[PDB]
Chemist: 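Hi! Got a PDB file here: benzylpenicillin (bound form) bound to Penicillin binding protein 5.
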Amino acid sequence: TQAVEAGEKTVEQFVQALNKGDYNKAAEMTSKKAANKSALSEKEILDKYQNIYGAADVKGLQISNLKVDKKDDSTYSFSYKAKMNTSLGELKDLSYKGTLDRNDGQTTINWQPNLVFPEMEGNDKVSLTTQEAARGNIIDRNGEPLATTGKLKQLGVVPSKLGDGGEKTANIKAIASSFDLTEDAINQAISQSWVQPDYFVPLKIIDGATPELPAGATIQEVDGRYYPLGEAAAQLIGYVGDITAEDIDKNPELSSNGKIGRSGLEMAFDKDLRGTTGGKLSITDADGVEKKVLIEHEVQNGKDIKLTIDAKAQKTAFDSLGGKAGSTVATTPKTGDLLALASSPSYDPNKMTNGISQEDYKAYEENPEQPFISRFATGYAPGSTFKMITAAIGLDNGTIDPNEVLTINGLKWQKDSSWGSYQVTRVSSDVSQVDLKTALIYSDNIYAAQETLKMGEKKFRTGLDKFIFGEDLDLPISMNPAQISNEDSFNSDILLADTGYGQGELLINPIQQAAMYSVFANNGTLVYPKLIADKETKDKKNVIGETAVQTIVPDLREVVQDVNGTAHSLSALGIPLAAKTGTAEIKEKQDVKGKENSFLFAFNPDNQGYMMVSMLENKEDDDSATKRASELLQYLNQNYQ
Ligand SMILES: *C(=O)[C@@H](NC(=O)Cc1ccccc1)[C@@H]1N[C@@H](C(=O)O)C(C)(C)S1
């Protein structure tokens, strides 16, 4: 019993070395090679575990129900149950048996082939057959493909079928101008270290009709992931890349020959899309004939994922951004169906997944406008659009009377001289008697600032805490919860007023904005947005009063219909619109000289069919989200009542 304690420790140390992948330490715990002792030397045990466990990608060896007895002055037997993870799943309920050896002072293990796998005897071999699973598709709300696997034609050249130095240099220029490729880059491709004369060096993937093939140009059909919308949904969908050896070490169920989602929904739904590897893990005898099947199951393809996205709305929303920095979110506000999640500028997902040069990839990362950012999931200051919420809160707690006129003379105002040089600014001084309808049409920041200070921080945060601030939305998109300020108290009348017109320490991403503003399409009920089609419509009752909704929405119509409304350019559509524009100022967020973001909110006040929140980040002069909304508003109005 004094030595049985060391035997149970030796078996525990041996399993840990196998689990940790250090087969040399596990082999050094075995006795000398002899009959009725260890069956192989330390190096022979190392090369057998490295072969068998390495082939099946064994990871996470865990044991239980250990028992170590005695049988002689040196023969102590042990037994335990174990489970392990392989390329074909978990191998559980394994019965292991063996004997330890207590000689001299230390206790070792009489190694046997049955300690690799239970029923292995002598010179038995192990074989592994696998069949890769087909990756599932990502489809929109009407079944249109957003991410699928198809047969893409690949362009490539064979250096031997080119020329001889003089005739070769002519076809390189001929094959470069007929496919829009840099002639200096084609020579770069056939100059890689892996290239041989009679090899097919791939160049690009033709996404259309195949032109004329010069001397040495060949087209080979290959299978790969394809994104029909390309840039228009690259941030949302993402891309898949080659699976590396480090990916297999973290999850051996992955197919070494397959693709893995690197970003977007391809990565978020990688498990459901990649399926399960089929095949058989069996123990053969010395000749190679099967004698024991450890694991076997049929290949299961990946499940399709159906989104609430409208492909025609996703493409239109992205194209309307004209390559500028910004994003657009379109929802059906009564249910929360995310119709479009566009972010601009964007990258080419087909280029990323079908091989891309380190220059084009560095161009994406060195781009100042940062196309890799999912801007619909990035928090921004809401802008003057937030005045809708501030007004609704003031109407609910009785601070704001819709017909009461505040006297606002000039273009600047401050509470007292304690504000120093800071003054809430105004765009027009033509209306000195300002009511709620006037303040929403002209976007009067002074009105919102005075009513917020009159409301007070306590009453303002009471209505704000009824929204989704600090909540993690149940969406497969990585985002941080919205915030009112950095701390739980403004501790500043200036910050309280700035938050009043949506320009304080507020941080709300476009998706969360569409969630908050949905109260104006559901009589004060907040409807959470959903991206997966089969999910249930979750809402939140009594966020703002229905009395406030029936007061603000008529004024939001006037933001479009009134001749001095900030969204009057949208009245050309001739459709029922309720809108609220916004322009936020960001001063040296990193460091600059003054950048401003443009915002637009709009929805149908008659049928509540659609809702839209578009924005431009670091906008150019005379550019805005309202300028670019006619096309998307037209489509959403006709197709979503
Ligand atoms: C809300 O966002 C308000 N914006 C400002 O006070 C900042 C600003 C930025 C550029 C020029 C002037 C003022 C108001 N809303 C916007 C808008 O709705 O477009 C206005 C420009 C009307 S000021």
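Heads up: numbering here begins at 1 and tracks the sequence. When a ligand or atom number is given, it counts from 1 through the structure's own listing order. All values below come from the heavy atoms of this structure, side chains included, with hydrogens, waters and symmetry mates left out. Header entry for method reads X-ray crystallography, 3.0 Å.
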Chemist: Which residues of other chains have a non-hydrogen atom closer than 4.0 Å to benzylpenicillin (bound form)?
Modeler: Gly383, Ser384, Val427, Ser443, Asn445, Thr566, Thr581, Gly582, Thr583, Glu585, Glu596
Chemist: What residue and atom, if any, carries a covalent bond to benzylpenicillin (bound form) in this entry?
Modeler: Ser384 OG
